[PDB]
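Caption: amprenavir together with Protease, bound form.
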2 protein chains.
Amino acid sequence: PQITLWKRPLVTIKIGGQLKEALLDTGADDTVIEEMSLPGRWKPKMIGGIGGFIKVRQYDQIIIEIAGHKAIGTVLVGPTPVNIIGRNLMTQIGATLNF
Amino acid sequence: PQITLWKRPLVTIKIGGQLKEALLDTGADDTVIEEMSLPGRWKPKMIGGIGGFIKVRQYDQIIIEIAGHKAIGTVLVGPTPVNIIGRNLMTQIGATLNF
Ligand SMILES: CC(C)CN(C[C@@H](O)[C@H](Cc1ccccc1)NC(=O)O[C@H]1CCOC1)S(=O)(=O)c1ccc(N)cc1
């Protein structure tokens with residue numbers, strides 16, 4: 001699709017067997033999702049921006065379906081105010097910014 | 001252009017005759033610039049980011065060039081990790097996400 005930016009670019013994702021809404025965010029290096037369980041090992045990470053930093057759990061090799069497209073990569077899990085699909089996964093679905 | 005997301009989508013902007021680097025951020029509703037002098041009056045605004053809500057200064061109807069495209073609109077000034085070009089100005093220059 002071609003998505004305009006008059007409103008937040010929200011899409012449906014499937015992660016961990018769960019359907020969620022998430023923001024396509026070109027300003028985010030990595031994908032961060034609200035608290036949920038994911039399989040495998042994790043390590044702590046700090047990520048920050050407006051308003052400061054939050055602590056998250058970094059899970060690697062996680063499969064997500066993003067508006068119908070499958071991708072694999074790192075997913076951060078923690079107290080993010082919104083679910084964010086970052087560049088690390090948007091590249092895998094071929095997402096680009098065009099103007 | 002067509003900007004891929006393997007790297008941060010950093011572009012040059014021009015505001016008040018000065019060149020600056022900024023991030024094209026589809027996850028940002030608003031445009032936020034590092035401390036600088038802008039003309040006119042400002043009004044208060046609260047914005048939320050990954051770490052919580054902050055106060056910023058809101059300046060309206062500010063002329064800004066973004067990767068050589070002219071925009072005129074609201075610019076927020078405050079504590080920000082990077083200069084952020086948000087959806088309010090990305091819409092003006094015709095930017096869309098495509099996959
Ligand atoms: C600030 C940029 C440089 C980085 N953030 C992404 C931004 O898109 C961020 C996303 C967001 C939307 C709404 C609520 C909370 C966060 N929007 C944001 O702050 O919008 C503000 C600035 C003006 O308009 C409003 S981040 O969330 O800190 C982040 C950092 C690291 C990773 N791996 C993932 C996310």
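Chain letters run A, B, ... following the sequence lines, proteins first and then strands; every chain starts at 1. When a ligand or atom number is given, it counts from 1 through the structure's own listing order.
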Task: Ligands or chains of amprenavir - done: ligand 1
TODO: Report the chain letters of other chains having a non-hydrogen atom under 4.0 Å from amprenavir.
DONE: A, B
Task: Contact partition for A/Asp30 relative to amprenavir, non-hydrogen atoms under 4.0 Å - done: both
Open item on the list: I'd like to check whether B/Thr31 has a polar contact with amprenavir, where a contact means an N/O of the residue lying under 3.5 Å from an N/O of the ligand.
Closed with: no
Open item on the list: To check your reading of the model: name the closest protein heavy atom to atom 21 (C) of amprenavir, its residue, and the distance in Å.
Closed with: B/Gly48 O, 3.4 Å
TODO: Measure the distance from atom 35 (C) of amprenavir to every protein heavy atom, then report the residue, atom name and distance (to 0.1 Å) of the closest one.
DONE: A/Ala28 CB, 3.7 Å
- [ ] Check each heavy atom of B/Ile50 against amprenavir and say whether those closer than 4.0 Å belong to the side chain, the backbone, both or neither.
- [x] both
Open item on the list: I'd like to check whether A/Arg8 has a polar contact with amprenavir, where a contact means an N/O of the residue lying under 3.5 Å from an N/O of the ligand.
Closed with: no
Task: atom 15 (C) of amprenavir: the protein heavy-atom neighbour that sits closest, reported with distance to 0.1 Å - done: B/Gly49 C, 3.4 Å
TODO: Around atom 2 (C) of amprenavir, find the nearest protein heavy atom and jot down its residue, atom name and distance.
DONE: B/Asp25 OD2, 3.6 Å
Task: Minimum-distance protein heavy atom relative to atom 31 (C) of amprenavir - done: A/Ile47 CB, 4.0 Å
Open item on the list: Taking 4.0 Å as the limit for heavy-atom contacts, which would you say applies to B/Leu23 with amprenavir: side chain only, backbone only, both, or neither?
Closed with: side chain
- [ ] Quick one: look up the protein heavy atom nearest atom 14 (C) of amprenavir and list residue, atom name and how far away it is.
- [x] A/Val82 CG1, 3.8 Å
Open item on the list: Give me the residue, atom name and distance of the protein heavy atom closest to atom 12 (C) of amprenavir.
Closed with: B/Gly27 O, 3.4 Å
Task: Structural part of B/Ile84 in contact with amprenavir, heavy atom criterion under 4.0 angstrom - done: side chain
- [ ] Provide the residues lining amprenavir within 4.0 Å, heavy atoms only.
- [x] A/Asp25, A/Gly27, A/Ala28, A/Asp30, A/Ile47, A/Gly48, A/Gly49, A/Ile50, A/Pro81, A/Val82, A/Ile84, B/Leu23, B/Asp25, B/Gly27, B/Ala28, B/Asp29, B/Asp30, B/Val32, B/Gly48, B/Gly49, B/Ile50, B/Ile84
